[PDB]
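All remarks here apply to the structure that follows.
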Amino acid sequence: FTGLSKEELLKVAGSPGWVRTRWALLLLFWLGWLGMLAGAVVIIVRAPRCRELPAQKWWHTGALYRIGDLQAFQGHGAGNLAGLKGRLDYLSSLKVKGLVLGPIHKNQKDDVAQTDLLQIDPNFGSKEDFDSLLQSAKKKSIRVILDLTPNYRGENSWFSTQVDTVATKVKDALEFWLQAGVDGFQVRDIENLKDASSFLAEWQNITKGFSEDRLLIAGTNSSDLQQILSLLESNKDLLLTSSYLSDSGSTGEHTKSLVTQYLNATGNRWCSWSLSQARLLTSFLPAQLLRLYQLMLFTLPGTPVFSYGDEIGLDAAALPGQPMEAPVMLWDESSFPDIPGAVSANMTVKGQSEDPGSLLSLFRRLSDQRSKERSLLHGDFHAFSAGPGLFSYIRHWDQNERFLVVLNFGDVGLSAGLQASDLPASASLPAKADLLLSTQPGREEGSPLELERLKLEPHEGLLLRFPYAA
Amino acid sequence: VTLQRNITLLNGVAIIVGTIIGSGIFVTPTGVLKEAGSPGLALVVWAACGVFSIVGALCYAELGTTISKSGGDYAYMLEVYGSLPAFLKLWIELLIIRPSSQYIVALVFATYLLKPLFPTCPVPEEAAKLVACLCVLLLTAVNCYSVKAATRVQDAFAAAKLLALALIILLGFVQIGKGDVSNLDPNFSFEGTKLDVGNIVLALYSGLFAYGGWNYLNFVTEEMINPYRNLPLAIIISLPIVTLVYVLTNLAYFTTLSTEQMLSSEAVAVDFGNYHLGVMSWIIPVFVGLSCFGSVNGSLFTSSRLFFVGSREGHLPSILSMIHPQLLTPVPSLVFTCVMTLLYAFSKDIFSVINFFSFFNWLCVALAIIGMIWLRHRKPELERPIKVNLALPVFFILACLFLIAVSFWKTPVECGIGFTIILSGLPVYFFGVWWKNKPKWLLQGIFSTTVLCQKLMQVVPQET
Ligand SMILES: Nc1cc(COc2c(Cl)cc(C[C@H](N)C(=O)O)cc2Cl)c2oc(-c3ccccc3)nc2c1
Ligand SMILES: *[C@@H]1O[C@H](CO)[C@@H](O[C@@H]2O[C@H](CO)[C@@H](O)[C@H](O)[C@H]2NC(C)=O)[C@H](O)[C@H]1NC(C)=O
Ligand SMILES: *[C@@H]1O[C@H](CO)[C@@H](O[C@@H]2O[C@H](CO)[C@@H](O)[C@H](O)[C@H]2NC(C)=O)[C@H](O)[C@H]1NC(C)=O
Ligand SMILES: *[C@@H]1O[C@H](CO)[C@@H](O[C@@H]2O[C@H](CO)[C@@H](O)[C@H](O)[C@H]2NC(C)=O)[C@H](O)[C@H]1NC(C)=O
C-alpha cells in the first residue's frame, strides 16, 4: 500500500517460467482481439443488404390539390392569379406538393377561331403575374400543373369538329408552357377527343422528352375497367384519373374488389387514386363517410387527388342558390353578405383548424404522415381477406415502420376478426400493434392495442403501426 | 531526462480540439434549427454559445494555472472543499459519467464507419458493438505501450478532423460561388417567438453540447511543457477557432441544404456527401467516423490521469497509480479505465445513464469555480501569471445556476433520479475509509493481491 520496494521486486521477476507467462498472456490477448475482429467481419458479411431506392419523381411524395376556378376558391373581387400568392401559405400548411390550376386560356362560347390556348384571358390576369405566381410557388416548393382543355363552357368539351387544328394548337402551346416554367399538364374529358390513345402517346412523348421531371394527366368519365386499361396500352407513364373508384354509396366490399382488380390488371404500377376528375367526395357520399375515404385515399399506393374544399368537408347541398360544380369556399362566417346564420361555426376553416374532432385536423395529420413516411411513400401494398365489410391492408417498404389500415364500411359495429394466413412471412403482423388515430373520436391513441380483441364501431378506421420484425 | 513531459502548445490544442469535436456537429445539428427556425437566430445562438464557452474557459484556465495540479475539476474541489465532496464527484465520475461518454463515442465511430455498407438499413448492433470494443482495446494497448505514440496519433487525428471540416466548408463555398444561393435574402424564414415556453433558452441548452472539452486539458496538466505559459495559450488557440468553425459550417449547412428536408433527418452528414459529390460519397461518412476514433483516445488519456490522481489521496485503492518503469506509463490505471469503459456494453439503450447527469457537469463547474472566489477571499497572495477582467466569475455563476434551473424545469424526473444516484453513494465512503483499525483478516489479503498484481504487471510505485 505504502509503495512496494523498487529493487527486489525488479530482480525477483526474472525467473524462467514466469517471464514467459506475461508473454503468453500478451499473445492470448492479441489472439483474442484478432478472433473478435474476425467474428465481427463474419457477422458484417452475413447480413441482409439494403434493397434499393426507386428514385421517385416529385409527384410520388405527396397529394394533389385541384382548383377548377379561382373565383370560388378566392371569393368575389379578387379573381386574379396574384390572390393565390396570398393563399399559397395555407396550401403549404396542408402539405400538398401540387396544384392543378384550372384552365386560364380565353374562352367565351363554342367558337373556334378567336378561342385559343396560346395566351391567358385578360380578366384572369397577366403573364408577368403568372410568372410571379410561378416563382412564388417555386420558392415555396409547390409545383403548379396547368390545364389545356380547349372548351369547358359548352357541352362539347373538345370541339367535335375537325381535330387536326386542336391537336396542332395543343402541341404548339405545350413547349410554350414548358419554357414558361410549369411542371405538368392536365387534359380533361378524354372521351370526347377522337382516337385518344395516339394523341395521348404523342403528348406524353414530347413532354417526357423535354425533361425527366414532367407530368401529364388525363381525365375520363368512364367507370369501366376495360376502357381504362385499353387507354393505358400504348403509353404507360400516364396519370389517369377516372370516376371508376366511386361506383358505390351503399356497398362496402365493392371498393376492395375494384381496388384489388385495378392493381392486379395494371400490374402493381403507379396510379392516381381519385374519386372523380372534377368532383368532390360529398357529391357521391353522405357526410358519414368522408373521414373513411380521406383515410383510404391517403394510404393507397398512388398519388391522391383532392378537389378544393375536400378537407373542410365542403358540401354544395347544404346551401341554397349555389352552383353544384364550383361552390364558393367557406373561409369564415362572411361567406355570403346575406343569410347571416345559415352557415355554422364548424363549416369554416377557422372553426375546424383547432377543433380536435374536425375534418381539417385529420387531413393535416394524414398529409403530414404520408409526405414524410417512407413506407407510405413507396412501400409495397398487400391486402388480405377480412370480415363482411372490412377493408384492411398493409404498407411495408423494406425495413421501416409497417402500417396496417383497417376500415369498416358497415352501418353497424362488429368485431375485426383479422387474419391473413396468406401473406409472406417477412411482414407478418404481430399480436401486438400500436395505434396512430381513429376517424371518429372516442378511442385511445398512442399506446399499443392487442389485435385479437379488436372491435370497430360503425363507420370507423384504424391506422396501426408496427416496427420491423426479425 | 524528465519522468513524462512531452506535450507542447501544438499538442495540447490537438487534445482539446479532439475532445470538443465528436459527433455533435456531424450527427445532430438540427436541434437548434428545430428550436429557432430562422437561420439568423441559429447563427447568433451559436455565436452566443461560443462566447459563453470562451468566458468559461478563460476562468477555468486561470484557476488551473493558479493551482498547477493534475486532475482538474477534482483537485480544485479537494483543495477547497475537502474529502467528502471530492470523493463524491470522483466516484460518480468513475462510475457513471467518465466511462460512458467514451463508450458512446466508440459506438458512434463504429456506426458511422459501417454506414457505406448499409446506406439505408440500420447497421446491425451485433457488428456495431464489436467494432467499438475493438477500437477501445486497441487504443488502450497503444496508450499502455507509450505516451509519445498516443500524442502523435491524437495530433494526426485532430489534423484529419480539421482537414475534413476544411473540405466540407470549401465545397460549400464553391457551391456558393455558383449562380445559386438559396439564402433568405428578402424576408425572414421564421420568427421563432416561442415553441411552447422555450423562446430562447432551449437553443442555448441544446447549443452547448457541441462544446464540453473546453475544460479537459486541465485533467492532464503537470505533464505539459511549461504549463503556466502553454495552458492558457492552448485554450486561447483552441476555443475561438472551434467556435468560428462551428458557426461557419452551420452557415454552410443552411446555405447548401433546404430547411424542410434537413429538419426531417436522422443520420445527418451523409446526405451532404451524397448530393454534392455524388459518386464515392463514402469519403464523407467514413472520415467522420475516423474523427470520433481520435476523440476517444483523447478522453481515454485524461481518464487514466484522473484515476492516477485520486488514488494519490487515498480516495482510490493504492494498487492504482503504480507506474511501470522503462516505459513510464500507468498500466493498472489504463487497464482499469478500459475495463470500466467496456463494462457499459451491456446497456441495450443509449438514452439513459448519461442523460440523468446532464446537470451534473454544470453544477460541478460552478462548485469548482466558487473555489476561485473562496481562495481569492482567504489567501490573496498566490502566484498568478495571467489575469483577466474581474466580475466574470459571478456572471458565470449566474449562468450556471440558470442552466441547472433550466435543465431541472425541462426534465425534473430524470434529474431527480440522478440526484438520488449521487446521494446514494455516501455509504461506500462512510464504511470504506473511515472504518480504520480493521483486524488482520482483510488487510493482509489486499496486500497479497497488490503484490501479486505488481508481479504480474511489472510495475513500481511513483518515486520522488
Ligand atoms: N455530466 C457530463 C459531463 C460531460 C463532459 O462534457 C462534454 C464532453 Cl467531455 C464531450 C461532449 C461532446 C462534444 N462536444 C461533441 O462535439 O460531440 C459534450 C460535453 Cl457537454 C459529458 O459528455 C458526454 C457525452 C459526449 C459524447 C457522446 C455521448 C455523451 N456526456 C457527459 C455528461
Ligand atoms: C416517342 O416517339 C418517337 C418518334 O417516333 C419514337 O422514336 C422512334 O420512332 C421511330 C418511328 O419510325 C422509330 O423508327 C424509332 O425506333 C423510335 N426510336 C425510339 C427512341 O424508340 C419513340 O420510340 C417514342 N418514345 C420515346 C419516349 O422516345
Ligand atoms: C389477377 O390475379 C389473379 C389471382 O392471382 C391471377 O389469376 C391467377 O392467379 C393464380 C395465382 O396467382 C395463377 O396461378 C394463375 O396463372 C393466374 N391466372 C391468370 C388469369 O393469369 C392473375 O395472374 C392476375 N392477373 C391476371 C388477370 O392475369
Ligand atoms: C356542427 O356541429 C354541430 C354540433 O352538434 C352539429 O349540429 C347538429 O346538426 C345536425 C345536422 O347537421 C342535427 O341533426 C343536430 O340536431 C344538430 N345538433 C345541434 C345541437 O346543433 C352539426 O351537425 C355539425 N356539422 C354540421 C353538419 O353543421
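Just so it is clear: chains get the letters A, B, ... in the order the sequence lines come, proteins before strands, and each one is counted from 1. These values consider heavy atoms only, across backbone and side chains, with no hydrogens, waters or symmetry-generated copies. Indexing begins at 1, ligand by ligand and atom by atom, following the structure's order.
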Checklist entry - Which drug or drug candidate is found at ligand 1? => result nanvuranlat
Next on the checklist: Trying to figure out what nanvuranlat is stuck to here - the chain with the largest number of contacts. What's it called in UniProt?
Outcome noted: Large neutral amino acids transporter small subunit 1
Next on the checklist: Help me out: which other chains have any heavy atom nearer than 4.0 Å to nanvuranlat?
Outcome noted: B
Next on the checklist: I'd love to know the binding site of nanvuranlat - heavy atoms within 4.0 Å, chain and number please.
Outcome noted: B:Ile20, B:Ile21, B:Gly22, B:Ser23, B:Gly24, B:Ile97, B:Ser101, B:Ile104, B:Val105, B:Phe209, B:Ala210, B:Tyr211, B:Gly212, B:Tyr216, B:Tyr246, B:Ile354, B:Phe357, B:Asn361
Item to check | chain B organism per PDB | outcome: Homo sapiens
Checklist entry - Which transmembrane segments of chain B (UniProt, counted from the N terminus) have a heavy atom under 4.0 Å from nanvuranlat? => result 1, 3, 6, 7, 10
